[PDB]
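Below is cyclooxygenase-2 with flurbiprofen bound.
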2 protein chains.
Amino acid sequence: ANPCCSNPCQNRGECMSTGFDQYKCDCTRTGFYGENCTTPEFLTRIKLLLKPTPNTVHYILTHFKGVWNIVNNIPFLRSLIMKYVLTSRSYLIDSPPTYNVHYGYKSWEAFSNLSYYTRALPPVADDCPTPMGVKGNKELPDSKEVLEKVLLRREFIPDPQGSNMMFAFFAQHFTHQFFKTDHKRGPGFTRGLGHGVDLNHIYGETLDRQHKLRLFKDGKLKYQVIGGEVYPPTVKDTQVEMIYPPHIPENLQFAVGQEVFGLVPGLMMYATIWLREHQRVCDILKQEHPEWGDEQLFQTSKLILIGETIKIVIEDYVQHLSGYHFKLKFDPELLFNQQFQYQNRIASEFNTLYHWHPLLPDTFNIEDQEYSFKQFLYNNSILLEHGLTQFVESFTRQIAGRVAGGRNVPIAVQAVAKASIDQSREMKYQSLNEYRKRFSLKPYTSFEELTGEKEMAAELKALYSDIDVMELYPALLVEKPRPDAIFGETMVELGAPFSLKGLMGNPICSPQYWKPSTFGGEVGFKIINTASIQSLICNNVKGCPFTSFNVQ
Amino acid sequence: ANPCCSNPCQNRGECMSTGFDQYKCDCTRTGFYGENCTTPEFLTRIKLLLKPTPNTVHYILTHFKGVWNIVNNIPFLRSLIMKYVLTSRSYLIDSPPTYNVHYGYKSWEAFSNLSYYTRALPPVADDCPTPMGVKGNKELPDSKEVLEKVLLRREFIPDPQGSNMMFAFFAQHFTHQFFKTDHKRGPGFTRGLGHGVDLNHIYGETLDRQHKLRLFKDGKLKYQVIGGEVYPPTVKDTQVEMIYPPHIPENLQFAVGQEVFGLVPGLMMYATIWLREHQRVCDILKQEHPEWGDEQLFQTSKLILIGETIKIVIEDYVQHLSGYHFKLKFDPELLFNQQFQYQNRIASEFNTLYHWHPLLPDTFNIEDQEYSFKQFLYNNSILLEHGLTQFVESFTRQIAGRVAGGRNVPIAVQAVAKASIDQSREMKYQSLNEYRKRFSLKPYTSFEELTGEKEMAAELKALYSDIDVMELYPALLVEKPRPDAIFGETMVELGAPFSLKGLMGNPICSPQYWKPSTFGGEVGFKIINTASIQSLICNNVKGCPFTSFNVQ
Ligand code: HEM
Ligand code: HEM
Ligand SMILES: C[C@H](C(=O)O)c1ccc(-c2ccccc2)c(F)c1
Ligand SMILES: C[C@H](C(=O)O)c1ccc(-c2ccccc2)c(F)c1
Ligand SMILES: *[C@@H]1O[C@H](CO)[C@@H](O)[C@H](O)[C@H]1NC(C)=O
Ligand SMILES: *[C@@H]1O[C@H](CO)[C@@H](O)[C@H](O)[C@H]1NC(C)=O
Ligand SMILES: *[C@@H]1O[C@H](CO)[C@@H](O)[C@H](O)[C@H]1NC(C)=O
Ligand SMILES: *[C@@H]1O[C@H](CO)[C@@H](O)[C@H](O)[C@H]1NC(C)=O
Ligand SMILES: *[C@@H]1O[C@H](CO)[C@@H](O)[C@H](O)[C@H]1NC(C)=O
Ligand SMILES: *[C@@H]1O[C@H](CO)[C@@H](O)[C@H](O)[C@H]1NC(C)=O
């Protein structure tokens with residue numbers, strides 16, 4: 001019955017109901033006027049007829065390698081480009097935040113309550129007739145059918161871009177500091193109240209935890225030496241709360257920080273590399289500051305490690321991911337002369353679009369072995385069995401599945417994939433098209449336009465019947481990838497704006513923070529400014545195993 | 001022993017210890033280079049030799065009434081001026097926040113932990129020799145001596161600017177949503193985790209509270225009709241936790257929202273006016289939105305009331321306070337084209353500089369009576385006895401004490417004044433001069449320069465011996481007021497930057513929020529844009545008592 005159920009306001013205007021069966025669009029600053037913020041203002045016209053499309057843009061970024069190699073060596077230009085990608089991307093995210101599972105309207109509860117993931121688009125009014133608003137049928141197609149028909153994996157489809165199990169697991173570890181659904185409250189609620197790259201997955205979400213994981217000597221994190229390698233301390237020694245199956249023999253119940261990283265050796269591999277890293281910096285810092293004490297050593301390293309993380313995430317992780325030939329750059333000063341909010345609130349659409357389960361192969365091949373999901377899970381004895389060096393070697397040399405394209409979700413995690421479907425639904429999401437539009441994309445005219453092929457498209461059409469009812473999660477995985485890429489337009493276009501705001505909207509990037517002394521001097525500032533995934537592994541892994549997020 | 005104890009870094013450069021008995025200044029972006037961020041860069045030189053002083057600036061703003069009457073009538077100019085006071089003021093506040101009681105260095109703990117009030121200047125290293133760093137004696141002068149000698153009130157000194165008990169009590173009520181020391185943790189810790197104008201003092205700091213204070217009908221706040229007037233409901237009925245002396249007969253234990261507002265009828269007078277206001281808007285909104293429900297009515301009104309508050313605070317409260325002839329303006333768009341962070345962390349220095357106890361008269365004269373502190377306190381029977389209209393009349397017609405100038409602290413709240421002295425000390429504050437400098441002021445060369453007279457100045461010199469050791473709180477109250485003003489340079493120059501950031505760094509002011517629909521339409525947007533203290537009282541008080549923050 002809500003007159004805004006039809007989602008009538010275009011170009012980002014807001015729908016306000018002014019009656020019962022009447023509504024109104026707040027086209028403020030949308031650049032468009034008219035009943036539904038549709039009639040563009042003259043200047044809008046100009047901009048529109050001059051702005052390339054994500055694909056043409058993507059094309060240039062993907063081709064002309066030579067030109068790019070010139071561009072990448074002319075600092076001004078590089079900063080000029082990065083600055084723009086940085087600003088244009090960011091302008092797509094509401095900051096300060098608005099809307100959440102419970103609020104389709106601004107509200108102070110929505111703004112102040114940090115327990116909710118924010119929303120890029122409001123939920124759907126509960127009294128709307130069809131689950132996507134007004135379009136489509138009384139109910140969406142059965143998630144089990146959707147799952148099986150176009151999601152489940154038949155033959156493992158490797159990713160053409162090259163993503164290996166180093167990339168796959170980094171993505172798990174990294175995003176898991178912020179993606180932490182409080183399943184006690186419901187999807188839509190988070191436990192990462194730090195809403196970003198705060199490194200809580202290393203240090204603990206709370207002071208008590210952090211304090212239990214800490215050594216209180218030279219600023220270091222607690223640990224243990226097994227074999228000759230440095231591993232996280234036990235749950236029995238530290239007493240931190242970790243999630244482990246009742247049969248772990250104790251002694252393998254590592255502590256770490258993010259309570260769920262004991263569930264997969266790939267996470268614990270990284271969790272150990274970072275513990276190692278923290279300690280390393282404590283040493284580097286302590287050499288510079290004989291006068292410092294345990295806290296300033298700790299607090300300063302945590303700042304450096306957060307810097308390294310943001311550096312690696314843009315110049316290695318996202319670089320690989322992008323496919324672009326342009327050398328992305330992590331340089332805070334780029335936004336010192338730009339209007340930019342140094343704050344972030346993680347949106348559930350970024351949580352949902354980030355369920356990259358179609359990256360997990362069918363077996364984890366750790367040189368001389370090929371473990372099953374069943375044997376890999378919760379098995380840190382494998383980790384102690386092979387040990388980082390030959391783990392970075394194994395995983396560096398092991399492609400991951402393709403995310404976009406369709407039918408690549410391991411039937412092992414099919415329960416998780418269906419869950420993504422079911423939750424988006426209970427969270428009253430909007431169609432893939434509403435989202436596409438919200439992100440300046442052109443809505444798909446047919447399921448086939450979506451997929452770029454016919455059998456899945458066909459199966460979708462049978463199921464959803466109207467392209468304008470196609471759900472966001474499924475369509476992201478069942479979507480025509482760009483050339484020899486891992487994802488399609490939708491995934492890169494929604495996630496990009498989200499990923500860059502949380503990375504650049506971190507306080508260490510603010511003019512007041514971005515200065516040497518913040519990090520313990522000009523030496524700690526290099527640590528951040530010279531960080532790479534290769535350096536992270538070289539410095540903390542036994543033999544300087546060569547690494548990459550790309551399989552050779 | 002900390003080599004930074006001497007506070008060697010000038011022009012806002014940060015001190016980093018690089019040794020044990022060696023330090024270093026991070027003059028980044030300070031505009032100055034050289035060992036102590038002292039040698040100005042050429043461009044700095046230009047700015048410096050062209051920037052008037054707070055007093056000459058103040059002069060112009062205080063004089064030339066006619067010229068101002070012209071400027072106040074040419075929109076462009078007015079926006080042009082307000083925009084600059086708004087931007088220049090704000091650039092004096094670290095946002096994102098840095099430093100706190102426990103951290104003299106940036107730290108993630110400092111940044112993320114919302115339980116601490118932030119710090120404009122870092123605390124003093126615990127291993128520094130003298131309590132202000134390196135300068136002064138092993139101990140500051142006895143607070144009791146300082147209190148009695150230059151703080152306590154002899155003969156009531158009324159404020160030459162005109163402040164009445166309407167102003168005095170509004171400042172109490174308003175600032176008390178954000179100034180809420182958690183005396184169980186220690187000074188330096190706050191309970192207003194909303195860090196600003198969120199109106200928790202009306203709605204409750206928490207959802208549970210809010211929910212108990214709420215009616216759940218038409219979006220209204222719970223209440224009761226006594227006589228014929230509308231007053232807050234009881235603690236018995238609602239069950240909210242209020243602070244009241246064990247002898248309040250129940251039935252006079254009003255609920256309200258800020259747990260300490262039952263302690264003084266002046267607070268409860270406002271707390272009842274705002275309850276009334278909320279309800280009023282619920283009615284206005286409901287008329288516009290027959291389709292809305294209890295939540296949207298509630299959440300929307302709260303946003304409007306937060307708007308009115310920011311409107312009244314800049315165009316009436318700060319307007320009066322300022323003494324300026326220029327018409328201040330609350331207009332969010334002024335900052336839509338400016339770099340500005342829409343966030344705020346309340347600093348303890350703002351808490352301390354805001355203890356305006358020298359405003360309280362010796363008796364509360366409520367037309368036909370002159371109550372003593374002892375009879376006014378916790379006495380809401382007086383409120384029910386006289387009743388808002390003749391309360392706004394009484395208080396409108398009653399000057400308040402002068403804050404600056406010296407010796408005007410009611411001996412009745414001398415315990416609170418001494419406490420301000422004690423706590424600043426325990427919180428390891430810095431001298432008035434360090435603060436003056438941090439706020440682009442010229443340090444006082446003598447106690448007499450500070451006071452603008454000799455007996456107190458003399459008593460101070462006996463006591464502190466070095467001007468450079470004079471403490472921030474005392475000097476604020478014992479300071480030469482500007483002409484016929486209530487405070488001096490330091491109070492206006494520190495508190496200004498603070499007060500404007502918290503007011504303008506509110507999400508409702510952000511481009512995404514500042515739009516009609518956010519407030520329920522173009523109607524609720526007027527409520528905000530046409531708000532005045534006179535309107536607030538007219539609409540909710542029995543006979544439209546004329547009001548003002550100025551005594552005739
Ligand atoms: C073998 C490793 C993996 C396993 C077994 C696995 C398993 C799961 C499970 C059981 C959930 C929770 C399902 C629910 O009840 O809602 C989940 C959530 C998630 N997974 Fe994975 N996953 C793995 C790898 C990945 C990878 C490589 C990514 C890539 C980014 C990923 C991203 C996510 C995200 C973003 C969530 C949501 C986090 C949250 O909201 O708490 N997963 N995964
Ligand atoms: C008759 C009313 C008043 C009484 C009896 C009173 C009493 C007190 C007391 C006992 C404290 C706490 C002292 C401590 O630190 O232990 C305090 C704090 C404070 N008072 Fe007053 N006061 C009154 C009026 C005012 C007014 C009119 C203002 C003007 C703004 C004011 C501003 C403050 C501020 C800013 C604080 C700090 C709040 C906090 O940090 O919790 N007070 N007052
Ligand atoms: C820098 C580049 C861009 O903005 O074009 C870029 C940045 C971020 C992403 C990105 C997209 C989805 C999930 C995580 C990151 C991406 F795919 C591409
Ligand atoms: C707007 C005006 C200005 O900046 O000049 C202004 C702003 C804030 C204050 C102010 C000063 C001391 C305590 C509280 C507020 C003030 F006294 C004057
Ligand atoms: C605006 O949208 C409504 C609802 O979708 C539609 O019925 C109406 O005709 C549209 N009007 C214009 C001018 O676009
Ligand atoms: C956040 O808000 C929702 C509803 O307003 C509520 O269910 C949840 O408990 C809130 N959490 C807190 C800590 O206020
Ligand atoms: C765990 O790893 C060990 C050693 O790598 C392996 O032999 C075993 O099969 C795994 N555990 C399970 C339950 O499969
Ligand atoms: C810098 O500050 C220190 C400590 O106050 C002082 O002793 C030193 O002489 C100053 N040097 C310069 C060049 O300002
Ligand atoms: C904030 O920090 C201080 C010390 O680090 C601590 O005492 C306080 O409990 C912290 N609060 C929270 C919520 O972390
Ligand atoms: C409170 O004030 C009322 C009305 O002004 C007065 O009659 C009464 O004596 C006071 N209460 C007490 C306990 O004295």
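A note on names: the letters A, B, ... follow the listed sequences, proteins ahead of strands, and every chain is numbered from 1. Atoms within a ligand are numbered from 1 in the order they appear, just like the ligands themselves.
The full list of places where flurbiprofen can be found here is ligands 3 and 4. By chain letter, the other chains having a heavy atom closer than 4.0 Å to flurbiprofen (ligand 4) are B. For flurbiprofen (ligand 4), the heavy-atom contacts closer than 4.0 Å come from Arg89(B), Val318(B), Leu321(B), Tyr324(B), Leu328(B), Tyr354(B), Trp356(B), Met491(B), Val492(B), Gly495(B), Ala496(B).
Here the protein heavy atom with the shortest distance to atom 11 (C) of flurbiprofen (ligand 4) is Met491(B) O, 3.5 Å. Nearest UniProt active-site residue of chain B to flurbiprofen (ligand 4), heavy-atom distance to 1 Å: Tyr354(B), 4 Å.
The protein non-hydrogen atom at the shortest distance from atom 9 (C) of flurbiprofen (ligand 4) is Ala496(B) CA, 3.7 Å.
For atom 2 (C) of flurbiprofen (ligand 4), the closest non-hydrogen atom on the protein side is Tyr324(B) CE1, 3.7 Å. Going by the entry, the organism behind chain B is Mus musculus. Looking at UniProt's substrate binders in chain B, a heavy atom closer than 4.0 Å to flurbiprofen (ligand 4) shows up in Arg89(B), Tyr324(B).
Short contacts between flurbiprofen (ligand 4) and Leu328(B), defined as distances under 4.0 Å to a heavy atom of the residue, involve ligand atoms 1 (C).
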Dump all N/O pairs between flurbiprofen (ligand 4) and the protein below 3.5 Å as a table: atom names plus distance, one pair per row.
{"unit_1": "flurbiprofen (ligand 4)", "atom_1": "4 (O)", "unit_2": "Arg89(B)", "atom_2": "NH1", "d": "2.7"}
{"unit_1": "flurbiprofen (ligand 4)", "atom_1": "5 (O)", "unit_2": "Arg89(B)", "atom_2": "NH1", "d": "3.0"}
{"unit_1": "flurbiprofen (ligand 4)", "atom_1": "5 (O)", "unit_2": "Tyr324(B)", "atom_2": "OH", "d": "2.8"}

